[PDB]
Amino acid sequence: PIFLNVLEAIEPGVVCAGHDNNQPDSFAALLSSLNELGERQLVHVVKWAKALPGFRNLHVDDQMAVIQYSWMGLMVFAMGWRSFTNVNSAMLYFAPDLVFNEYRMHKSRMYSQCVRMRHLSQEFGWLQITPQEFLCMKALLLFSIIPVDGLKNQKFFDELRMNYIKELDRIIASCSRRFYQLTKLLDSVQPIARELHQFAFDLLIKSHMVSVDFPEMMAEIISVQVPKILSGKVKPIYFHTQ
Ligand SMILES: CC(C)(O)C(=O)Nc1ccc([N+](=O)[O-])c(C(F)(F)F)c1
C-alpha cells in the first residue's frame, strides 16, 4: 500500500479556529473565526499538497493555481468527513472549538450552505465510505478545477490526475457500481464549494461595513482567484456532466 501509506502519512492533524465558545454567538464573531480557520486550513492544505506523489512535479505556478482553486472544496470534503466521524453528521465539525448546531447555522447566515455540507456529511454514512476511500477521493479533489485555457504544464497535470483516478480504482478493487457512486459523490462537492465561493466573495465585498475580519491571505484569494471561478474562467472537472 505505498500510495496509501503516503496519503495516510501526510494527512493534517487537528486544527483549531481560536473561537470563544463562552461569548454568545454573533454573525461577526462566528464568521471571523471561520475566516481565521480558512486561513489555517489553507496553510495546512499547502503543506499537504506539496507532499503528494507527483505534485512538486507541476510548474510552481500550476501549484499555487491548483491549490487556490481547490482549497474550498478540499476543506468542504474534509469538514464533511470530520462531521461524519466525530458527531454522526448531526452538526458540522468545522473544528474542535467551532462546531455548528442549527442555531449557528442560521446565525452565521450560511444556513442553505450548511445544509448541503451537512447532507454531504450524511453521504459518507449512507455510502459506507472507508477512510482509505476518503483519502484517495480527497487527494483527487486537488486535481478537480482548472482554468479553461489550461495550466502552464497541462500534460503533466493530466498524467498526474489520470494516476489518481487509477489509484481510487485500485482502492475500490459491480465495482463499477462502487466507482460510479464515489465519482457522483466527488462531483457533488463542486456545487457546494461554488455556493461557498459566492458567499465568501459577497462577504468580502461588504466586510468593512459589517465588522468581519479577513486575513490578508484570504482576502487575496477571494478577490483574485475566486472571481475567476465565479466568472466561469476556472471551471471544475466533472466525472459525469452536467
Ligand atoms: C471564507 C469562509 C467564511 O471563511 C469559510 O468558508 N471558512 C471556512 C473555514 C473552514 C471550513 N472547513 O472546512 O472546516 C469551511 C468549509 F469548508 F466547511 F466551508 C469554511
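Chain A uses the PDB entry numbers throughout; the residues present, in order, are 671-843, 851-919. First listed ligand is number 1; within each ligand, the first listed atom is number 1. Going by what the header records, the deposited coordinates were determined by X-ray crystallography, 3.0 Å. Reckoned from all heavy atoms, side chains included, excluding hydrogens, waters and symmetry mates.
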>> Not sure I'm reading this right - what drug is at ligand 1?
In response: hydroxyflutamide
> Main binding partner of hydroxyflutamide (ligand 1) in this structure, as named by UniProt?
Replying inline: Androgen receptor
>> Hey, which UniProt domain of chain A has most of the residues touching hydroxyflutamide (ligand 1)?
In response: NR LBD
> What residues, by chain and number, sit within 4.0 Å of hydroxyflutamide (ligand 1) when only non-hydrogen atoms are counted?
Replying inline: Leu701, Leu704, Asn705, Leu707, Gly708, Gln711, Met742, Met745, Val746, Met749, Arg752, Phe764, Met787, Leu873, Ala877
